[PDB]
Visitor: 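Our group is looking at a structure that contains tacrine; some questions.
Just so we're on the same page: letters track the sequence lines, and every chain starts at 1. Read the numbers this way: they start at 1 and go in the same order the structure lists the ligands and their atoms. Just so you know, these numbers use all the heavy atoms, side chains as well, and skip hydrogens, waters and symmetry mates.
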Amino acid sequence: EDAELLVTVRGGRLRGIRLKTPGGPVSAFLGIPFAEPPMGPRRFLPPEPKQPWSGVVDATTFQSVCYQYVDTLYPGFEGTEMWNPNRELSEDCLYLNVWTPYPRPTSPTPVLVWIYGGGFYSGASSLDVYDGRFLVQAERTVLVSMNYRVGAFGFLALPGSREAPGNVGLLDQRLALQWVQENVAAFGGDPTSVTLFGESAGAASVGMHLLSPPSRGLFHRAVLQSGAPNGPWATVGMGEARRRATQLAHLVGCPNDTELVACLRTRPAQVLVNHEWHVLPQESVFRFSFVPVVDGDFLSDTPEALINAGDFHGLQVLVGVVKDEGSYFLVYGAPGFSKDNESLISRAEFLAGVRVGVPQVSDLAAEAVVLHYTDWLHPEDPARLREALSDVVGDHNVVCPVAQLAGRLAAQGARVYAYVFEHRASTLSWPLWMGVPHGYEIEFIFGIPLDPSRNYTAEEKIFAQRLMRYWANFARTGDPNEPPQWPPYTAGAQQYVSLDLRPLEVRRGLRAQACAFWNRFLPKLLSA
Amino acid sequence: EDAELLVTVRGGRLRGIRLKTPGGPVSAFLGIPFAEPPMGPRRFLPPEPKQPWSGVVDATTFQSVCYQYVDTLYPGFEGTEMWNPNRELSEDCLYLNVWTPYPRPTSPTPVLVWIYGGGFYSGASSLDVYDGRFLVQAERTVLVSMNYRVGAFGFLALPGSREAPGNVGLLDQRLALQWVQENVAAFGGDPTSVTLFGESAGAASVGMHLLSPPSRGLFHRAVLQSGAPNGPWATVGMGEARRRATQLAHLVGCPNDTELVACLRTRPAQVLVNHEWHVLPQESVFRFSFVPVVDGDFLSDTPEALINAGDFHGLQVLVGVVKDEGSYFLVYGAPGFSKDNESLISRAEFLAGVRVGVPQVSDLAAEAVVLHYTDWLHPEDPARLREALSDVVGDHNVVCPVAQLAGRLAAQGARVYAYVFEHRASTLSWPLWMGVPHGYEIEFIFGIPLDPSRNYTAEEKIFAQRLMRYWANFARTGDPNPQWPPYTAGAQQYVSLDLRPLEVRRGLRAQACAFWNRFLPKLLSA
Ligand SMILES: *[C@@H]1O[C@H](CO[C@@H]2O[C@@H](C)[C@@H](O)[C@@H](O)[C@@H]2O)[C@@H](O[C@@H]2O[C@H](CO)[C@@H](O)[C@H](O)[C@H]2NC(C)=O)[C@H](O)[C@H]1NC(C)=O
Ligand SMILES: *[C@@H]1O[C@H](CO[C@@H]2O[C@@H](C)[C@@H](O)[C@@H](O)[C@@H]2O)[C@@H](O)[C@H](O)[C@H]1NC(C)=O
Ligand SMILES: Nc1c2c(nc3ccccc13)CCCC2
Ligand SMILES: Nc1c2c(nc3ccccc13)CCCC2
């Protein structure tokens, strides 16, 4: 037996596996339990640490995915299946993974912690596209990813109740981050240089760990990719959380908060998932039923409030977006859209879709959106209309939330780096009109193009290697630049770089004209 | 006696004068009385027609300027003095002018009727820059201009009262237009082809005649230059009109409407003028105390409602703006501005000026303006800020009202032509940063460059002749015609007027004017 694949952590002994890379061998420890299974009476409760075990836990394959809705819109389509669970669903799912160089490192090695996205209703650390092996081998880091509860199992909140307090999925993450502090050295990781990185809801979660003091001592640097804690989708108010938890109970035959959660706990997990989307107040895209709740505990104020009031000196942050953040979401409810035609919508469809992409606002607010995103020299051009609705959804949900976070953090002491990821993968199966859709920079950051079994080009492999260098430099030093150069983002100059097969190009403003509308004006209108 | 300079109109006999022009003689009848002098007990009342006279009235010079404020911000500066009165002030001012070719045409000739602007508080047909002689001698048309009462004397309104009903300045205009129908033939004019054209408030008045049926049988075609009846400055509501009338009264020592107007009539005209600007509710630019009031009589609804609801089939309209409508207005009250330095304002000054240029709106509305006119990659560039405040003032007060007027008329049956005038006159004395300011296309329409005594270039003279042809072509055919296409709500085509040939372009500040015409009203109701 290979001693490099035996590790003792505080709970007990683990047996790992050796994995091949086009470069060298990597050690992987998959399916390490870090919490007690949140089953039965423990559904909806904060995670409790994993009791220690005798014998040797076999950490040789991915454990199960937390219960979640499965995309069925395009059965068999690679563009959606790559995000669907690739292991059995279980509520017994709070496991984490460690990838480390082979043999295990000598000296403390810098640690990357990955938090997956998926709108807080979906995701898993087992997905192919989050494979740690390439970053570990190429950039000599230790990489940890964790599963955390999603949907109602992670974020159903009856605020004030002991029985369903909310944010427990967030607490899953924190527990994993605590686990990393106490055990990562056993694998050669340096617990004093831990960098959090995530995408979609994972980037929102990274941000929430920045703004929650108990989490803030658990890591040192942050990367937020196409997501932010201040997005209109990433948090919910106490009342709406209570209304949504309550409508779910009604939809599954339930039933006193205690009597209500008690009844929810007797229902099969899959039953809750089947009614997940029906709790939403409105037909929408880019809105999700059970997300983090602002109740004064995990988040003492709204993420936007906490950003504006924070002393962020001594923090380095890497943030960015892809070119076409909003595109794919349109085929999940915007009238006239499809992945299978050109989606050249009519003006009436555009106006309809504006209410789907910016839900729950006054008619005045909708008109203000229609005003900003219309070219009044071409009010009915279908191609321009498709592009504008994509820009509405992308600006409203990702780009302008991210721009606000970056600018406020920068103006309040943080060193910020910003990127726009502008390369469309040669392997992409979504239509060409979707551009670079939300999420399709992750495969390059994780180095997936280096897999020979996959058919990327020679330039994409080099591109992936550049990206891994940028991210790893940021982890080690707080600066993505190699020790043409990538400048910090400031509230004034608003400089960012474009990542593609061409060399770095520095540009100004993350959609500054649009994001003035969403960040500066539209809040004021909504208060009157 | 010269038989060409005697005309008989329904009131009596008139004696004219023969005028020299660079291109030949022109007959001019200047100072024809068309109403009884609105003096004494007739201050504030509708004009009453001139009663006929025996003998021969000498219509040989411009009559008096109606009582108005005189600009003193830059004493002696031609840029302001050229608009100030060039005759004595009097309430005895209701005279009009007729220019006609020499000898008088023997076939009926199409008529252009000019209404001057000046914010409804100032102006005169006497001004050099409205000299009719050049248009007449070049395009063989008959040109008429009239004086109309301005300020309180033309537009002070206590709505509902017979003693100060308001809009009497407009009725002065209407009376002159009635005069044109009964008498223009006596000079060779054709009362069946009359084209109204005006600028600033004169353009807004042209529009109000389109939207009031009694005026609408008195002309056939319309030209609106840098002004429109739907502009935020061109009308006022009944209540606000009454509030300003009443404050003006209080400020000059006057306590019953008939007793209030009675007391106002005992005040010297100059006393009224001195207190004109004090009734304005707010510090502002591009706002004027006494303007047309929407009271259901002359205007049965607001100019927007009447436009949006009107069937305009069979109407031809020529409309347009200058390049920099808003620029000069800023040195009259916007913080940091001067005609004498570059006025490279600070952002703090910019934000202040937005409240002066967009007066009487909610803080929310003010913010909506700041959003659309800030470049958020250069939020504090002084030059960009200067250019942006100019655009705020010009777009809100002129460009977008005219564009709204143009598009709605086109979409409901009218043939519309639109222009942007982009030539800065060689003679201009306003600073270079103001561009082509509001009003500095008029001299080219009237052909003033043909005056040899004035130092225009040979290219400006050719340019002036080209413009006069366009306007006169529009007057005779309804079509100014490289070809100048109709303005429509979809394609929104307009032409650029400068020393280069016609260039067709799209949209009268379409992105900005969607804000002012489509969105901002909705925001102001909630
Ligand atoms: C441009 O000038 C304005 C106006 O100042 C007037 O005109 C100048 C040419 C000069 O004659 C000044 O003395 C005049 O007062 C300047 O704005 C003024 O700033 C002063 C501060 O000293 C202030 O008291 C005034 O209220 C301001 N005037 C207005 C109308 O707001 C402006 O600073 C000058 N711009 C420059 C120098 O770049
Ligand atoms: C594009 O597709 C939209 C969705 O229609 C669905 O998908 C297409 C491919 C067809 O199979 C259709 O029958 C399905 O219901 C349409 O609503 C939209 O009109 C289409 N746009 C076009 C054809 O230009
Ligand atoms: N780009 C993404 C898509 C889906 N889920 C995702 C989850 C996380 C990050 C990107 C994603 C499901 C629908 C297909 C697109
Ligand atoms: N441009 C104009 C100015 C004034 N009056 C005007 C009147 C009509 C048209 C343009 C004008 C008086 C102030 C100086 C500028």
Visitor: Where, by number or letter, can tacrine be found in the structure?
Guide: ligands 3 and 4
Visitor: Write down the name, per UniProt, of the macromolecule bound to tacrine (ligand 3) with the most contacts.
Guide: Acetylcholinesterase
Visitor: Which other chains sit close to tacrine (ligand 3), with any heavy atom less than 4.0 Å away?
Guide: A
Visitor: What is the overlap between the huprine W-binding residues UniProt gives for chain A and the residues having a heavy atom closer than 4.0 Å to tacrine (ligand 3)?
Guide: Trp430(A), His438(A)
Visitor: For tacrine (ligand 3), which UniProt active-site residue in chain A is nearest, and at how many Å (non-hydrogen atoms, rounded to 1 Å)?
Guide: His438(A), 2 Å
Visitor: If you restrict chain A to its UniProt galanthamine-binding residues, which of them have any heavy atom nearer than 4.0 Å to tacrine (ligand 3)?
Guide: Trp83(A), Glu199(A), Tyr328(A)
Visitor: Per the PDB, what organism is listed as the origin of chain A?
Guide: Homo sapiens
Visitor: If you take every non-hydrogen atom within 4.0 Å of tacrine (ligand 3), which residues does that pick out?
Guide: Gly79(A), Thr80(A), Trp83(A), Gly117(A), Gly118(A), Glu199(A), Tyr328(A), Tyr332(A), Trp430(A), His438(A), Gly439(A), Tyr440(A)
